[PDB]
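Figure: structure with mifepristone.
Shown for chain A, in order and in the PDB entry numbering: 683-932. Read the numbers this way: they start at 1 and go in the same order the structure lists the ligands and their atoms. What's counted below: heavy atoms across the whole structure, side chains too, no hydrogens, waters or symmetry copies.
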Amino acid sequence: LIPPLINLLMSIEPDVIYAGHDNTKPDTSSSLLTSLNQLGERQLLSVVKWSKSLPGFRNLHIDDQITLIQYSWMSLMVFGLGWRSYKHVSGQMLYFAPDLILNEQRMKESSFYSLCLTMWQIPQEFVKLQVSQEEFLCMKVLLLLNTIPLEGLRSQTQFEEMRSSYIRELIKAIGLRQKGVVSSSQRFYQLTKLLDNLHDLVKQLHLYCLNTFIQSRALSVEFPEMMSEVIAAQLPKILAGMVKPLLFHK
Ligand SMILES: CC#C[C@]1(O)CC[C@H]2[C@@H]3CCC4=CC(=O)CCC4=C3[C@@H](c3ccc(N(C)C)cc3)C[C@@]21C
């Protein structure tokens, strides 16, 4: 049977979130980017709500909670994007939302095709590894807990304990299907290596995002309130490498 913490994690998953995109008009660079920003805002609010229900998180200092959300939102959103694409469209479209689905042809006409291909890697890897929902749910918590300040957190002890607890839960999630010590240990390496590899992909997304933000007036792209502050609050520092990415492997 499924371990209770994994069961809890499934129960607190956000519901389906819509972009509010107007699909009756043809795509433009500005319209797509704006819908993506609107969806991002909605997904951020959803991440905040999720975090409030996430066992352990509310007991970290409030400053730490804010920092970890500010550090991890891009990772959580692209990982989510990968999951939805894998589950709803067999990994073969980018499933941003039910009203914002980009098949490859739409990607090619997006104006940011290379960015789409970079993002599209994640669901193709989920297809390759056949990631289970239980593994996904645990890995997603670890992404929230995958970067800390250079000086550490205020609730560092509690953070280490919480992070270690979700790593132990990932190991149980793996043990649900992959039986055999060799397979299970290899599976842990592969899934944790995937999380390590996400740091680099996410850096490309952070740069694109920051450039788009700076040039938002010229490009006629709107950035909502919570998006503007999470970017204001940490993106340059993160891009500069003035934080500590946590790696599972050297
Ligand atoms: C085209 C394009 C583009 C981007 O600027 C770069 C990565 C995109 C990100 C991917 C991963 C991603 C997955 C989603 O499901 C929603 C949106 C999303 C984005 C976009 C985004 C926009 C604003 C925010 N805020 C308000 C915090 C969050 C995410 C658009 C992003 C950043």
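- Within the model, the positions assigned to mifepristone, copies included, correspond to ligand 1.
- The largest share of close contacts with mifepristone (ligand 1) comes from the chain named in the PDB entry as progesterone receptor.
- With a non-hydrogen cut-off of 4.0 Å, the residues around mifepristone (ligand 1) amount to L715, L718, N719, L721, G722, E723, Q725, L726, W755, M756, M759, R766, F778, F794, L797, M801, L887, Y890, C891, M909, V912.
- The entry's source annotation for chain A reads Homo sapiens.
- Of the protein's heavy atoms, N719 OD1, 3.2 Å lies nearest to atom 22 (C) of mifepristone (ligand 1).
- Within the listing of mifepristone (ligand 1), atoms 26 (C) sit less than 4.0 angstrom from a heavy atom of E723.
- The UniProt domain of chain A that supplies most contacts to mifepristone (ligand 1) is NR LBD.
- Put simply, atom 6 (C) of mifepristone (ligand 1) has protein non-hydrogen atoms near it, under 4.0 Å away.
- Below 3.5 Å of separation, one finds an N or O of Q725 facing an N or O of mifepristone (ligand 1).
- There is a protein heavy atom closer than 4.0 angstrom to atom 29 (C) of mifepristone (ligand 1).
- What sits closest to atom 4 (C) of mifepristone (ligand 1) on the protein, heavy atoms only, is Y890 CD2, 4.0 Å.
- The protein atom (non-hydrogen) at minimum distance from atom 1 (C) of mifepristone (ligand 1) is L715 CD2, 3.1 Å.
- A heavy atom under 4.0 Å from mifepristone (ligand 1) is present in the following residues that UniProt lists as binding progesterone in chain A: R766.
- At the top of the distance list for atom 9 (C) of mifepristone (ligand 1), counting protein heavy atoms only, stands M756 SD, 3.8 Å.
- Listed by atom number, the atoms of mifepristone (ligand 1) under 4.0 Å from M801 heavy atoms are 10 (C).
- Close contacts between mifepristone (ligand 1) and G722 involve ligand atoms 23 (C), 24 (C), 25 (N), 26 (C), 28 (C), 29 (C) [criterion: under 4.0 Å to a heavy atom].
- Interface atoms of mifepristone (ligand 1) facing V912, defined by a heavy-atom separation under 4.0 Å, are 27 (C).
- Remark: mifepristone (ligand 1) atoms within the under-4.0 Å shell around heavy atoms of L887 are 6 (C).
- Atom 18 (C) of mifepristone (ligand 1) has as its closest protein heavy atom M759 SD, 4.5 Å.
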